[PDB]
Participant: 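Take this structure, written in structure tokens, and hold onto it; I'll ask about it next.
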Amino acid sequence: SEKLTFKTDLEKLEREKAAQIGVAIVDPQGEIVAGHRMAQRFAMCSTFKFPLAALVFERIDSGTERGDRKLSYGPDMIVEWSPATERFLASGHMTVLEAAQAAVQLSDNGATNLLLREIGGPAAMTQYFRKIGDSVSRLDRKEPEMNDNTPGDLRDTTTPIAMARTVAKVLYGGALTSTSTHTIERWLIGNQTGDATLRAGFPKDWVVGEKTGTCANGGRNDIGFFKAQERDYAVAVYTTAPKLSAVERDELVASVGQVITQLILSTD
Ligand SMILES: *C(=O)[C@@H]([C@@H]1NC(C(=O)O)=C(S[C@@H]2CN[C@H](C(=O)Nc3cccc(C(=O)O)c3)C2)[C@@H]1C)[C@@H](C)O
Ligand SMILES: [Ca+2]
């Protein structure tokens with residue numbers, strides 16, 4: 001059983017690394033392919049920036065937002081890890097699209113907060129989840145507090161299965177226009193922060209796009225999609241490994257990528 005090997009290999013990682021690993025892989029329609037702790041809640045941390053960008057694109061598609069609109073800000077908007085926001089600070093603004101791309105591809109926190117305000121805050125982000133059929137994911141705070149990952153806290157959480165299904169809805173389920181879907185796909189492929197995580201564990205001929213997250217108390221996450229030949233999948237990986245170093249957490253997520261690969265390659 002290839003899925004039994006998948007489960008056993010994840011459990012070996014959990015045991016050896018003192019970690020918890022939540023995984024869901026779904027097909028484009030949200031049907032479950034495989035998972036582990038699929039419905040356990042984990043902090044989203046920076047992975048929510050992908051759904052945030054989808055919300056922004058939904059508004060651009062609708063006409064309630066414009067991609068080129070200039071969002072003015074001052075130094076008050078700069079928070080820890082805001083590389084693009086810092087560079088654009090002197091100019092005085094970033095456009096909606098510039099900010100969204102920085103949030104997705106650099107995990108820029110200042111850019112994330114800039115957008116959060118424009119779309120209606122954590123309440124509005126949560127309403128977007130509900131709109132697209134995700135009754136589970138919730139945003140309660142902005143940057144940086146949403147990354148606290150206090151044990152047991154249900155604020156700012158999702159589950160692997162809820163998030164994988166949200167990814168599939170956005171990329172394959174018609175949530176966005178064809179143009180906006182293509183753009184957000186390319187942004188995920190071109191992400192600058194995920195070279196050592198999930199995609200490091202996937203075959204080099206698979207098309208992979210993802211959004212990473214790192215939060216306190218040992219959280220390391222990676223969500224997105226992969227295309228293995230003609231077959232498209234959505235995937236969400238959330239891990240908690242308090243006793244690993246940062247490099248080791250990256251390697252853990254890459255290891256999960258290899259376990260996913262072994263399953264996908266053995267089931268075709
Ligand atoms: C979201 O969880 C969190 C911020 N996001 C991430 C993250 O994982 O996304 C981080 S951590 C850090 C900031 N940018 C990092 C990076 O160095 N990317 C990268 C690029 C090239 C090579 C490597 C490597 O292997 O060394 C890493 C990832 C950030 C805490 C919050 C703040 O929003
Ligand atoms: Ca200011």
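We number each residue from 1, following the sequence as shown. Read the numbers this way: they start at 1 and go in the same order the structure lists the ligands and their atoms.
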Participant: Could you check which drug is at ligand 1 for me?
Facilitator: ertapenem (bound form)
Participant: Give, per UniProt, the macromolecule that holds ertapenem (bound form, ligand 1) with the most contacts.
Facilitator: Beta-lactamase GES-2
Participant: Help me out: which organism is listed for chain A in the entry?
Facilitator: Pseudomonas aeruginosa
Participant: Answer with yes or no whether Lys211 contacts ertapenem (bound form, ligand 1), where contact means a heavy atom under 4.0 Å from a ligand atom.
Facilitator: yes
Participant: Quiz question for you: does at least one protein heavy atom lie closer than 4.0 Å to atom 17 (O) of ertapenem (bound form, ligand 1)?
Facilitator: no
Participant: I'd like to check which ertapenem (bound form, ligand 1) atoms, numbered from 1 as shown, lie under 4.0 Å from a non-hydrogen atom of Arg220.
Facilitator: 8 (O)
Participant: What lies under 4.0 Å from ertapenem (bound form, ligand 1), among the other ligands and ions?
Facilitator: none
Participant: Hey, looking at atom 20 (C) of ertapenem (bound form, ligand 1), which of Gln192, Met146, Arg249, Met44 has the closest heavy atom?
Facilitator: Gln192
Participant: Please tell me if atom 3 (C) of ertapenem (bound form, ligand 1) is touched by the protein, where touching means a protein heavy-atom distance below 4.0 Å.
Facilitator: yes
Participant: Which atoms of ertapenem (bound form, ligand 1) are found less than 4.0 Å from any heavy atom of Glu143?
Facilitator: 33 (O)
Participant: Covalent bond partner of ertapenem (bound form, ligand 1): which residue and atom, or none?
Facilitator: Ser46 OG
Participant: Take every heavy atom of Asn109, measure it against each atom of ertapenem (bound form, ligand 1), and state whether any distance is under 4.0 Å.
Facilitator: yes
Participant: For ertapenem (bound form, ligand 1), which atoms have a heavy atom of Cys45 less than 4.0 angstrom away?
Facilitator: 2 (O)
Participant: Applying a strict 4.0 Å limit to heavy atoms, is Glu80 in contact with ertapenem (bound form, ligand 1)?
Facilitator: no
Participant: Under 4.0 angstrom from atom 12 (C) of ertapenem (bound form, ligand 1), is there any protein heavy atom?
Facilitator: no
Participant: Nearest heavy atom to atom 7 (C) of ertapenem (bound form, ligand 1) wins, so pick from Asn147, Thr212, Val253.
Facilitator: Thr212
Participant: If we count only non-hydrogen protein atoms and require a distance under 4.0 Å, does atom 22 (C) of ertapenem (bound form, ligand 1) qualify as touching the protein?
Facilitator: no
Participant: Any chance you can tell me which UniProt beta-lactam binders of chain A have a heavy atom closer than 4.0 Å to ertapenem (bound form, ligand 1)?
Facilitator: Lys49, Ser107, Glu143
Participant: Is the shortest N/O to N/O distance between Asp195 and ertapenem (bound form, ligand 1) below 3.5 Å?
Facilitator: no
Participant: Can you identify the UniProt active-site residue of chain A nearest to ertapenem (bound form, ligand 1) and give the heavy-atom distance to 1 Å?
Facilitator: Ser46, 1 Å
Participant: I need the nearest protein heavy-atom contact for atom 28 (C) of ertapenem (bound form, ligand 1): residue, atom name and distance, please.
Facilitator: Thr193 CB, 4.4 Å
Participant: With a cut-off of 4.0 Å on heavy-atom distances, which residues and nucleotides contact ertapenem (bound form, ligand 1)?
Facilitator: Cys45, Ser46, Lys49, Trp81, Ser107, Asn109, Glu143, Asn147, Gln192, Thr193, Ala196, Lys211, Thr212, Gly213, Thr214, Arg220
